[PDB]
Amino acid sequence: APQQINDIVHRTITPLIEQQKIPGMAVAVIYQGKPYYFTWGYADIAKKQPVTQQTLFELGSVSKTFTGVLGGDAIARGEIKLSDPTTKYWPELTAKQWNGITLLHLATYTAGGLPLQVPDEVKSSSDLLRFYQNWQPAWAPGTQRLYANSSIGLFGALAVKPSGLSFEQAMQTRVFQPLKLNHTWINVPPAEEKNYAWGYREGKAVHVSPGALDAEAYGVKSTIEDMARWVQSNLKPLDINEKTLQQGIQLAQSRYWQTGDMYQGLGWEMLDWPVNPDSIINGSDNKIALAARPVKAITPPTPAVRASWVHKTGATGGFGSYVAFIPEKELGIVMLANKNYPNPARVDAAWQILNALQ
Ligand SMILES: *C(=O)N1C[C@H](NOS(=O)(=O)O)CC[C@H]1C(=O)NC1CCNCC1
Ligand SMILES: [Cl-]
Ligand SMILES: [Zn+2]
Ligand SMILES: [Zn+2]
């Protein structure tokens, strides 16, 4: 790799690892459209298995960017419209509070206060229906953004219904396979388990536990090589030959809502570039990112702006992830770690690197 990339990566990530006590880490820096790979530490401490470019990490909420693009692909196929009512795809949701709640609201966390998690007691389809049927909104739809797995999670499950495919089958055939993300999994096959890093929480080795709508909201696992290719695909959608996927990527970076200097896409979040680094750093803290915040609708949604900072954070019990890219600069970064450490430290490090390479 160019010396300037090697230098800034060492001076930024090695101290981050020292500071946060991260056992293993993989980073890809995309510079002029080309990925450069870096690894540190161990995927499995006790086995002394090093992190490699083949190591699988839990992406956590970065999974939502796949969900958003799959939803955009469905829009481009004409299978769904974001203005469609939720009840069009789940007629059994007869409770009156669902009148006026659209796929757009589900996808962008603006349905009116759907909770951060689907309750852990939801283990059956019957349970899931009762959960949504009895949920009572705190606000009218389209007025407040409250980040919620139960919101975009339901969007993903309903967006694939017109295809007749399961969410996992839809994602594999329509997103993963066309983009040659051949080591990206909702469910890690047995033959690939050997590459699956352990997460570490308070010293204990852990993997994410199954839950309702997990695939849609936080359940994808991937390698640093596949995630670099994912970033390349979102930097350069015109290189994607499948027109519905090309357009789906573009639609996920459209700007549907604004709050402060932040714009809500489908999974992705965006800010204008050049960005105020303190905004993205401070705004990534859970105290802010998870707070209910008023939103202003953008009608029609702004088509993907090339001069944007596009990004997403993710976490599981034992992992911490971050992806950020700037289409106009063909510049991006993927940071995968097998410890959950605070978002602001990830974002700060990412901005130090990309700012140095602009
Ligand atoms: C996604 O990784 N999430 C959503 C939320 N934080 O959003 S983020 O952008 O700052 O990452 C909470 C943390 C995380 C999440 O929901 N993790 C689940 C916790 C419960 N067990 C399964 C994973
Ligand atoms: Cl140094
Ligand atoms: Zn040093
Ligand atoms: Zn393989």
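Note that chain A is numbered according to the PDB entry, with residues 4-361 shown in order. Counting starts at 1 for both ligands and their atoms, following the listed order.
For ligand 1, the recorded drug is relebactam (bound form). Lab note: most contacts to relebactam (bound form, ligand 1) come from the chain the PDB entry lists as Beta-lactamase. Atom numbering of relebactam (bound form, ligand 1) starts at 1 in the shown order; those under 4.0 Å from a heavy atom of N289 are 10 (O).
A heavy atom under 4.0 Å from relebactam (bound form, ligand 1) is present in the following residues that UniProt lists as binding beta-lactam in chain A: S64, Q120, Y150, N152, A318.
When only interatomic distances are considered, the shortest N/O to N/O separation between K67 and relebactam (bound form, ligand 1) does not fall below 3.5 Å.
Listed by number with element, the atoms of relebactam (bound form, ligand 1) under 4.0 angstrom from any heavy atom of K315 are 9 (O). Taking every non-hydrogen atom of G317 and a distance limit under 4.0 Å, the qualifying atoms of relebactam (bound form, ligand 1) come out as 2 (O), 11 (O).
Polar contact check, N346 against relebactam (bound form, ligand 1): a nitrogen or oxygen pair lies under 3.5 Å apart. We find a covalent bond linking relebactam (bound form, ligand 1) to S64 OG. Each of the atoms 22 (C), 23 (C) of relebactam (bound form, ligand 1) lies under 4.0 Å from some heavy atom of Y221.
Using a 4.0 Å cut-off between heavy atoms, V65 makes no contact with relebactam (bound form, ligand 1) at all.
Polar contact with relebactam (bound form, ligand 1): absent for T319 (N/O pair, distance under 3.5 Å). The nearest protein heavy atom to atom 21 (N) of relebactam (bound form, ligand 1) is not closer than 4.0 Å. Among the atoms of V211, none of the N or O lies under 3.5 angstrom from an N or O of relebactam (bound form, ligand 1). Listed by atom number, the atoms of relebactam (bound form, ligand 1) under 4.0 Å from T316 heavy atoms are 8 (S), 9 (O), 10 (O), 11 (O). Listed by number with element, the atoms of relebactam (bound form, ligand 1) under 4.0 angstrom from any heavy atom of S64 are 1 (C), 2 (O), 3 (N), 4 (C), 11 (O), 14 (C). Source organism (PDB) for chain A: Escherichia coli (strain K12). The UniProt active-site residue of chain A having the smallest heavy-atom distance to relebactam (bound form, ligand 1), to 1 Å, is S64, 1 Å. The residue-level binding site of relebactam (bound form, ligand 1) (heavy-atom cut-off 4.0 Å) is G63, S64, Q120, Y150, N152, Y221, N289, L293, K315, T316, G317, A318, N346.
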